[PDB]
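The structure to be discussed contains S-thalidomide.
We're numbering straight along the sequence, starting at 1. Indexing begins at 1, ligand by ligand and atom by atom, following the structure's order. So this one's X-ray crystallography, 2.9 Å, going by the header.
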Amino acid sequence: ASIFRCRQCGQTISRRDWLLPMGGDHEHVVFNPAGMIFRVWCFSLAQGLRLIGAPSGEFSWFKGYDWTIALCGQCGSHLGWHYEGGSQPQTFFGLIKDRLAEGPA
Ligand SMILES: O=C1CC[C@H](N2C(=O)c3ccccc3C2=O)C(=O)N1
Ligand SMILES: [Zn+2]
């Protein structure tokens, strides 16, 4: 089965069935302009989230997709981002592995 929760509150965010092989792997190692290296896991579906701010294509790690920040809908923890703007798929979620916790139903 297997699902992914907000590590700060237990909120259910997504699950393994929903991983999306972007580029060929669901996991991307990236860094940002702050010099922080995350591991980002890509889902085609997520629930339990609140999106914040405007879509933005600056700094995007993924070609043709703008991002908006995704917060845990329950606790406000920054779980990662929602991506929109592209084709096959149009939108998807890029979530910071470290901020989730993977366990069972
Ligand atoms: O696709 C993305 C999501 C946004 C993400 N991001 C951050 O992790 C960051 C940290 C500090 C300043 C600016 C940003 C930025 O745009 C980033 O670098 N790429
Ligand atoms: Zn939470």
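All instances of S-thalidomide together account for ligand 1. Most heavy-atom contacts to S-thalidomide: the chain the PDB entry names cereblon isoform 4.
The contact residues of S-thalidomide, taking heavy atoms under 4.0 Å, are given as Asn32, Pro33, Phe38, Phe59, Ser60, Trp61, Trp67, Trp81, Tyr83. The PDB entry names the source organism for chain A as Magnetospirillum gryphiswaldense.
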